[PDB]
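Structural view - sunitinib in its complex with Ribonuclease L.
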Amino acid sequence: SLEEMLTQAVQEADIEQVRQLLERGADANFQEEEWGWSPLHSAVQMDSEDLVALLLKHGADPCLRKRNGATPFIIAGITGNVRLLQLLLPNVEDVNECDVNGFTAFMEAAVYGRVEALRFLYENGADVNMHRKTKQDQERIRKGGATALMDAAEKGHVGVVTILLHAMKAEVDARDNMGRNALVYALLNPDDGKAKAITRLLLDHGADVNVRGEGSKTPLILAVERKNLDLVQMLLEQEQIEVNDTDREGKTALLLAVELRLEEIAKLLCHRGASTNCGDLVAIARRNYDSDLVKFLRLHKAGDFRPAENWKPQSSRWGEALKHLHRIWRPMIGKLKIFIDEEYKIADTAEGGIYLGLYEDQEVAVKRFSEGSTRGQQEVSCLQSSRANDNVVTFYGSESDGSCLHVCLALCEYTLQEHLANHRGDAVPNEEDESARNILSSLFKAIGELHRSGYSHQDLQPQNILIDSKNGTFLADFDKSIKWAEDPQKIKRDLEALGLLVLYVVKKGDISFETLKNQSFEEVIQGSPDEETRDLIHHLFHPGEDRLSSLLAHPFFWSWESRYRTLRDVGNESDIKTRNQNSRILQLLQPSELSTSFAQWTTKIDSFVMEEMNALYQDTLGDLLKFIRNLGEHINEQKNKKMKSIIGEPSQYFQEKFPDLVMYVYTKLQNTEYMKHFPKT
Amino acid sequence: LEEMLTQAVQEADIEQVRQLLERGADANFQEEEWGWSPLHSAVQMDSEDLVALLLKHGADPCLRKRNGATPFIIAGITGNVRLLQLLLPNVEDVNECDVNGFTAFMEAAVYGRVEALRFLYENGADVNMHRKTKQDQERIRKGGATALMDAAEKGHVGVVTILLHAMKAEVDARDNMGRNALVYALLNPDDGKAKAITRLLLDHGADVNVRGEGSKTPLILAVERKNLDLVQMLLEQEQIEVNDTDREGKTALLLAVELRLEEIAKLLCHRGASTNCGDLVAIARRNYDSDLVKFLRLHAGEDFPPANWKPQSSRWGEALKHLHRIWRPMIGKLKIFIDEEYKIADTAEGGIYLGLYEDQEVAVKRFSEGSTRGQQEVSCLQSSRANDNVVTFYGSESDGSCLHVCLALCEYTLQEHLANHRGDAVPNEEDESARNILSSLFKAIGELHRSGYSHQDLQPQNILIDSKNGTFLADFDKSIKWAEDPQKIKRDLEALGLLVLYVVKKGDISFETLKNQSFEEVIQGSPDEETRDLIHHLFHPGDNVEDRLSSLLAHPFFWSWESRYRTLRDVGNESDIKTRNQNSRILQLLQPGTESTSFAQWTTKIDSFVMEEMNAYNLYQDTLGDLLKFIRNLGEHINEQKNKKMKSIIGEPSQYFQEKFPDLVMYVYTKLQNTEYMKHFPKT
Ligand SMILES: Nc1ncnc2c1ncn2[C@@H]1O[C@H](COP(=O)(O)O[C@@H]2[C@H](O)[C@@H](COP(=O)(O)O[C@@H]3[C@H](O)[C@@H](COP(=O)(O)O)O[C@H]3n3cnc4c(N)ncnc43)O[C@H]2n2cnc3c(N)ncnc32)[C@@H](O)[C@H]1O
Ligand SMILES: Nc1ncnc2c1ncn2[C@@H]1O[C@H](COP(=O)(O)O[C@@H]2[C@H](O)[C@@H](COP(=O)(O)O[C@@H]3[C@H](O)[C@@H](COP(=O)(O)O)O[C@H]3n3cnc4c(N)ncnc43)O[C@H]2n2cnc3c(N)ncnc32)[C@@H](O)[C@H]1O
Ligand SMILES: CCN(CC)CCNC(=O)c1c(C)[nH]c(/C=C2\C(=O)Nc3ccc(F)cc32)c1C
Ligand SMILES: CCN(CC)CCNC(=O)c1c(C)[nH]c(/C=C2\C(=O)Nc3ccc(F)cc32)c1C
């Protein structure tokens, strides 16, 4: 509280209240633990000399480093009051002391365009062509090495540039670790006049003009991109200027000037040796509606330049249209290449449609929103949280053209509805449906993960589910999604739609989803072809917020083989074989319940099989399981060949003859020790 | 060469045109790609001569190209009045708009073609026509801009004034977004033109409380442009709202303090702006804006913070909380601070730091924007977004001087994770963990190859584990497209071979150690035959490599002990094993001819009680057939009441048979591998 009242006192500039507390014994070398600021640092930054004098009297160290290694002296450079620098100098060890990023009081004077402070530190030993020496991590990626000249040029301080080159002997062609010099820094400044004046000075002193800036750009290309005839004339006054220099992507200064629709700057560039076979400049002027520059371009023809098409799309369905999109010219919206044409449309939506696009040269689906849209905001928000969810469509990023939020997504081959259509004629009519389990377990996982992330979908339907080239399934179209904390029992709608999607997929897409939405709970249950489906759906309409991942353990997701295996394994328990009425197993399998389909099972199994196996089977469940166990073990032996052919495939046999069997056993053993007989799930 | 010989219209010479106009080619021959006719293209190049020559030859002036554009509309662009005069008698409506809403008048407005604009106005043209677009564009609230808005946007001072005064233009016309010409005016690059057009519009009474992109007012657009003049011009209106906020809830003043604009900030305070919209003092103070600090203190942020963001990371949690709290400027969508507190690791380039990217926690790998290595990384991550066991790529941001590569944040390295979990298994118990880690890596590298890439540096430091124990492959700065150099795939597969031993040995043998060993020494280091066999397949993948990785997932190494045992039991239940039928297919596969394997004389290697009790009938023989028979029989009966003594001697039978006979599983695997009996193997 003491030094804290001092800290406060200084911030207020109560000179007296400071005096009292210094005499009370308060530490002027106190530093707050976050950013390392001292009362001496603070007094300098706010520029009240009285406080700096008062604190220096009380032993406040002027070489005291804050978090960034800056000392109150360094800070005075930024402040630019000369009598502060006077007051701190007779305690300063080195005038060239740097913070951890290599900054000196002189650099700081240059950065803040403080002429008078620069003069003071000039006459006092301050090195003028000191490069910033930074920490090892910054150097290894070639950061640092900049100078007061480069600093002054970037900030556009005409005064400071004049004074350094002339009065102060600044090296004009000094390089930072990136290989940049003050000219590059000069050319980046937003103001026209300031940029003009600084470039002039620097050129006349012998700044190299053949230098690489950000994006491998020359000074010339920077002058072009800025649309400044003035900055381009100065740079084209020198002969050694490489006019046919290429930036990162192979764009030339001329190419750029045609592309930007800048007549004068293009012509001046031609009259100076900008070679014309760097791209079809004529066509570029033509799409620009630049009549005048066209003619001039055809008045220097060197024949008729030509352009090789390499890029192959990954998509099969969208391939040819993506080739076309890659071929034609479009302007970019950040990292996105897009064209609002029917040829490129994927689908129609509640706002804006979905089109093919290219994002960093990768194929994408692009969902469009009005940039103000609640709906677009909900989508982007949910997608940004879903990056770890493996069964959610991959999110590339979102780009704004100012009136339209573009959401870019991985491109998929088909919607679930399409996919089921294309694969409808693959399976023999009674085959086991492995495909349905895969699709639906991927959905359970996707929705389960979406819930754990705090989001609910609200519009699960088959058009929002996509299938990729490799048969994987993904969830999509988040516009109507909500953070479920807002209303926790709205999760229910996801769970109910998932129940409808169970039926949908098990029915191989033959029943439309519309139909299934107009049906009531009991109609849906009745529409189900088996008991596992019925029970699964039931559990979705009547849930217990991690129920979904537990439902992946449900016998619906057991293969026919696994189901058969579980019945055989249960039927091999000692107490089923010895018919121990005492035992815990037969206790559990013994209930109350309604009429089963295996009650008096012995009368509905072929009479030939019945005899051969009795070679004492009662109408208990226990004796059915045992029957399954023995038949499983012996079905393949020579002496059962006639039995084998009556049965056919045994898994199919038992499940068909007794549809409720697997479910009944699963229900009875679910939370018990003999749950260990279930497949590894 | 009949329709493709119109380039002359390109080469613009009248001679070849007239001459081929009666040699055979359709005047209205629209090129297929965009709908450009010789009439379209002539009007665009402004050849007074070609429009005459072609209009002589019937060519329709109402003929639409791809975007719905008659050469009339295109004369509004070129601006020439006597092209518009040659065409006007052969057009139904002068106000005929292409598919995006654009009349010949708006094209005159867009390109600042002043004489053309006059000519169209007296000939009936529409000055308060909003653009009518297709329904796709309307549903997302695009279109409905007037010619006035086009003129303000392009900054044509001529055109605005003519329109406002001569042409009765509605100043406070809105587009579908809800934006007047004023909004368009302030987004102009040119300060002077912007000043001029603001003035004209403001004095005709354009709304100054409108909203543009990002919910920004005109005032906020003025402040973000850093232009005192436009700020004064707008504050000249009495009705204006100073305390209007953008989407992010920033007031115009807040923005001025933030941007180090003492003068505009002082001005906005003098015109009644609220000083309690942010901690304004602290903002000026960090900006080193001494005078403005004084000023706001003389008036302050007394009646003003916000507080709930929770990281998902447990390891990096506390530091992510710190990073969220502190103020940083953005590098695009990324929040980062280069300091030891936030540092995850050192690299050969720049280190890995914690970051926030669209408010999501991330690891940020740093490269000089120059870097070949950074380019290789971004490239390979861009092709891997579908690969589920590659670290998620969020995006890359540039500082001008540095490439930030942002990645999903993981808890641990593979090396760390194996250390932390070294205590977890009783050392005589099945290693589930190893199979999971290694199957994810097979999947990762498999898919990485399918995408055309090879890693080149697979080691445990490049493999990361997340909060839910998913394993992810990272670090592609040394990756290569293998198409150029097809056999360098084999080096990744060798590294996988090393990683197999590393992971099975639970991290006890260091990777360095293992990289110095020869292929044969590594195989010798293997604690079992499944590992031995697996690794072998990785060091010798084959020239015809292809998807060697995907077939290896089927190998007994990835079978649980439960499933190995289940397979041996199932094989043992074959009728020809039970009848000991020597002629049969199964026994021919298992056991042909006349034995070096640890199951030679297997009857003499199991406890004599078990052997004796089991003989409850030809007593059990030293054939493998009879061993599988033994395992099936034991499997079935081990838990029966009367076999309680056997059960305790054996313990868990899977563990037993594997231990007493280490080569058994592999031996059966090898014999049944591409046979019908493969159906007894587990599922994958
Ligand atoms: N003689 C020839 N021989 C062989 N090929 C040729 C020839 N001549 C040209 N080509 C090839 O044609 C290709 C481009 O097609 P195009 O020039 O025929 O028509 C353009 C484009 O495809 C098509 C694409 O539009 P877009 O999807 O990008 O969508 C643009 C935008 O989103 C929307 C603006 O509306 P708003 O939101 O602002 O209300 O409309 C479009 N637009 C913008 N400014 C426009 C304007 N001033 N006037 C009319 N429409 C404008 O529209 C034409 N176009 C684009 N920018 C334009 C502009 N600034 N002024 C006038 N027309 C423009 C070119 O790529 C070129 O290769
Ligand atoms: N009186 C006070 N009392 C108590 N607390 C206070 C007080 N005043 C401010 N605070 C609080 O402290 C926090 C930290 O503020 P700070 O100024 O101590 O430290 C900043 C940052 O931590 C720290 C690291 O910043 P960074 O990682 O963004 O790194 C910036 C850059 O990447 C790096 C190298 O740049 P270069 O070599 O490539 O050009 O140095 C930083 N830098 C840039 N310009 C600088 C300059 N002119 N001078 C010194 N450093 C500069 O440096 C301080 N800083 C940043 N920009 C600055 C600039 N333009 N001028 C002066 N200092 C600057 C502030 O955020 C604030 O909340
Ligand atoms: C088969 C006939 N169809 C009528 C039902 C017409 C085809 N059109 C359709 O059904 C259709 C619909 C309604 N959506 C899509 C595609 C996507 C979607 O919605 N979100 C996405 C996100 C990413 C992506 F890469 C594709 C999509 C199609 C093909
Ligand atoms: C002894 C452990 N120390 C703290 C207790 C920390 C030391 N740090 C270490 O060992 C270490 C190393 C050498 N790499 C990582 C992490 C990553 C890496 O290399 N690429 C990535 C890409 C993404 C990502 F999300 C994390 C990483 C750590 C934590």
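Letters A, B, ... are given to chains in the order of the sequence lines, protein chains preceding strands, and every chain is numbered from 1. Below, each value reflects all heavy atoms present in this structure, side chains not excepted, and no hydrogens, waters or symmetry copies. Numbering of ligands and ligand atoms starts at 1, following listing order.
All instances of sunitinib are found at ligands 3 and 4. With a cut-off of 4.0 Å on heavy atoms, the other chains touching sunitinib (ligand 4) are B.
Between B/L409 and sunitinib (ligand 4), not a single N/O pair is under 3.5 Å apart. Only side-chain heavy atoms of B/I352 come within less than 4.0 Å of sunitinib (ligand 4); its backbone N, CA, C and O stay farther off.
Comparing B/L464, B/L473, B/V391, B/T413 by heavy-atom distance to atom 22 (C) of sunitinib (ligand 4), the nearest is B/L464. Contacts between B/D346 and sunitinib (ligand 4) below 4.0 angstrom, taking non-hydrogen atoms only, are absent altogether.
Among protein heavy atoms, atom 19 (O) of sunitinib (ligand 4) sits closest to B/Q461 O, 4.0 Å.
Heavy atoms of B/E416 found under 4.0 angstrom from sunitinib (ligand 4) belong exclusively to the side chain.
Under 4.0 Å from sunitinib (ligand 4) lie no other ligands or ions. If you check which protein heavy atom lies closest to atom 25 (F) of sunitinib (ligand 4), you get B/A408 O, 2.9 Å.
Source organism (PDB entry) for chain B: Sus scrofa. Among B/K343, B/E411, B/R315, the residue whose heavy atom lies closest to atom 6 (C) of sunitinib (ligand 4) is B/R315. By the 4.0 Å heavy-atom criterion, B/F472 is excluded from the residues contacting sunitinib (ligand 4). The atoms of sunitinib (ligand 4) that sit less than 4.0 Å from any heavy atom of B/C410 are 25 (F). Other-chain residues and nucleotides with a heavy atom under 4.0 Å from sunitinib (ligand 4) are B/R315, B/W316, B/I344, B/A345, B/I352, B/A363, B/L407, B/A408, B/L409, B/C410, B/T413, B/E416, B/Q461, B/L464, B/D475.
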